[PDB]
Engineer: 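As an example, take this structure containing rosiglitazone.
The chains are labelled alphabetically, A first, in the order the sequence lines are listed. Chain A is numbered as in the PDB entry; the shown residues are, in order, 207-238, 245-262, 265-270, 276-477. We number chain B the same way the PDB entry does; the residues here are 638-651, in that order. When a ligand or atom number is given, it counts from 1 through the structure's own listing order. Heavy atoms only: backbone and side chains are in, while hydrogens, waters and symmetry mates are out.
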Amino acid sequence: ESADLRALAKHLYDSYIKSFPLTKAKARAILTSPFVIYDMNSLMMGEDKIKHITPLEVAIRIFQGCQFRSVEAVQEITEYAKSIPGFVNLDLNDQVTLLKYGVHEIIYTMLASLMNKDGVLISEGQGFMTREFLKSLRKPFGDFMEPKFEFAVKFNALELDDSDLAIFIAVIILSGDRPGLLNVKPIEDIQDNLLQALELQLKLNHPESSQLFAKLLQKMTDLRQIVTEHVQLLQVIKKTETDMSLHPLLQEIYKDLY
Amino acid sequence: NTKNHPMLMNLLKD
Ligand SMILES: CN(CCOc1ccc(C[C@@H]2SC(=O)NC2=O)cc1)c1ccccn1
């Protein structure tokens, strides 16, 4: 029933607004004034002007900035997943497995909302770190962000809004082919109805773009690959890199990821 | 799964 799918779409958009303080609409409104970090000197100036708390090399520091952002993103995503009808019924083991494999895919999806072709909103939109600077970084740090920027440029061309993204994100979380799932049957059934809600959502909200649903689902596999390539580049520098020690939440997520 | 991932479980708990 179309109306039951419009009621699922509305519930997810309402929960998405409640779960994610920096939405794409606010991000677009800003990107169209945050402190611009574009080189070494503007970075050092930036973190005194500007979302990092602890007891106390630039590449490592920026990396710990992103880690800190991740940990809070997982918390928003977890609070959002819990509102997806039927998620809090799945085998608690499988809730954990969906979270585990879904959380970075959502992070990069929502990171695209904060990106344009030249940089990214940081620290809830009070900063803007340039793509060039991120690329200029040394060793393998200059390659962390670049695939995200390339994904975001293509993904942002779809012109999804937050109401679109609320269902797309939910579709991603409820993937039935995550390694180690116990009960894939009720997960696929939840996902199947989210996909119907997404499809109706895209035909109502984007009547003019044919095959947007098709283009969107192909992006889902892009996201999986981005995370897989990040997993490895993370395991690359856990050998050379002496100064990095991943946040506990993140080393738990990454543990036997890929 | 649930054995490992205590941090995930506790975010899911409430
Ligand atoms: C570029 N920005 C915006 C956020 O950009 C992000 C880039 C990567 C991640 C994923 C982290 S990083 C990692 O290796 N594992 C994770 O979960 C999360 C956010 C910065 C940069 C510095 C400080 C704060 N914000």
Engineer: Curious which chain letters or ligand numbers map to rosiglitazone here.
Structural biologist: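 It sits at ligand 1.
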Engineer: Okay, contact question: for rosiglitazone (ligand 1), which chain racks up the most heavy-atom pairs under 4.5 Å? Name from UniProt, please.
Structural biologist: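 The chain with most contacts is Peroxisome proliferator-activated receptor gamma.
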Engineer: Which other chains are in heavy-atom contact (under 4.0 Å) with rosiglitazone (ligand 1)?
Structural biologist: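 Other chains, by heavy atom: A.
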Engineer: Pull out every atom of rosiglitazone (ligand 1) sitting under 4.0 Å from any heavy atom of A:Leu453, numbered as shown with elements.
Structural biologist: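 The atoms of rosiglitazone (ligand 1) under 4.0 Å from a heavy atom of A:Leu453 are 14 (O).
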Engineer: Applying a 4.0 Å heavy-atom criterion (strictly less than), which segment of A:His266 is in contact with rosiglitazone (ligand 1): side chain, backbone, both, or neither?
Structural biologist: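 For A:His266, there is no contact with rosiglitazone (ligand 1) at all, from either part.
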Engineer: Select one of side chain, backbone, both or neither to describe which atoms of A:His323 lie under 4.0 Å from any atom of rosiglitazone (ligand 1), heavy atoms only.
Structural biologist: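 Near rosiglitazone (ligand 1), A:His323 shows its side chain, while the N, CA, C and O stay back.
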Engineer: Between the candidates A:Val339, A:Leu469, A:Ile472, A:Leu452, which shows the shortest non-hydrogen contact distance to atom 1 (C) of rosiglitazone (ligand 1)?
Structural biologist: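 Checking each option, the heavy atom nearest atom 1 (C) of rosiglitazone (ligand 1) is found in A:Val339.
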Engineer: Given that the side chain starts at C-beta and the backbone is N, CA, C, O, which of these parts of A:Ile281 lies under 4.0 Å from rosiglitazone (ligand 1), counting heavy atoms, or is it both or neither?
Structural biologist: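 Under 4.0 Å from rosiglitazone (ligand 1), A:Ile281 contributes backbone and side-chain atoms.
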Engineer: Just jot down the rosiglitazone (ligand 1) atoms closer than 4.0 angstrom to any heavy atom of A:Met348, in number order.
Structural biologist: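 Reading through rosiglitazone (ligand 1) atom by atom, the close ones are 21 (C), 22 (C).
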Engineer: I'd like to know the UniProt domain of chain A that holds most residues touching rosiglitazone (ligand 1), can you help?
Structural biologist: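 It's the UniProt domain NR LBD.
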Engineer: Below a 4.0 angstrom heavy-atom separation, can you tell me which part of A:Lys367, side chain or backbone, both or neither, approaches rosiglitazone (ligand 1)?
Structural biologist: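 The answer is neither; A:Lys367 stays 4.0 Å or more away.
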Engineer: Going by the closest heavy atom to atom 2 (N) of rosiglitazone (ligand 1), which one wins out of A:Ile456, A:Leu465, A:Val293, A:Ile341?
Structural biologist: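 Among A:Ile456, A:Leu465, A:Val293, A:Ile341, the closest heavy atom to atom 2 (N) of rosiglitazone (ligand 1) belongs to A:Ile341.
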Engineer: Where does A:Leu330 meet rosiglitazone (ligand 1), judged by heavy-atom distances below 4.0 Å: at the side chain, the backbone, both, or neither?
Structural biologist: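 Answer for A:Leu330: side chain.
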Engineer: Which UniProt rosiglitazone-binding positions in chain A have any non-hydrogen atom closer than 4.0 Å to rosiglitazone (ligand 1)?
Structural biologist: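 Going by UniProt and heavy atoms, it's A:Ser289, A:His323, A:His449, A:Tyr473.
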Engineer: Distance under 4.0 Å to a non-hydrogen atom of A:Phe363: what atoms of rosiglitazone (ligand 1) satisfy this?
Structural biologist: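 Reading through rosiglitazone (ligand 1) atom by atom, the close ones are 14 (O).
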Engineer: Find all atoms of rosiglitazone (ligand 1) within a distance of less than 4.0 Å from any non-hydrogen atom belonging to A:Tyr473, and give their numbers and elements.
Structural biologist: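 Close to A:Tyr473: 13 (C), 14 (O), 15 (N), 16 (C), 17 (O).
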Engineer: Which of the numbered atoms in rosiglitazone (ligand 1) are under 4.0 angstrom from any heavy atom belonging to A:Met364?
Structural biologist: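 Checking each atom against A:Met364, I get 7 (C).
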Engineer: By chain and residue number, what forms the binding site of rosiglitazone (ligand 1) with heavy atoms closer than 4.0 Å?
Structural biologist: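 Heavy atoms within 4.0 Å: A:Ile281, A:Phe282, A:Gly284, A:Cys285, A:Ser289, A:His323, A:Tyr327, A:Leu330, A:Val339, A:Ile341, A:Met348, A:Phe363, A:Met364, A:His449, A:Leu453, A:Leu469, A:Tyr473.
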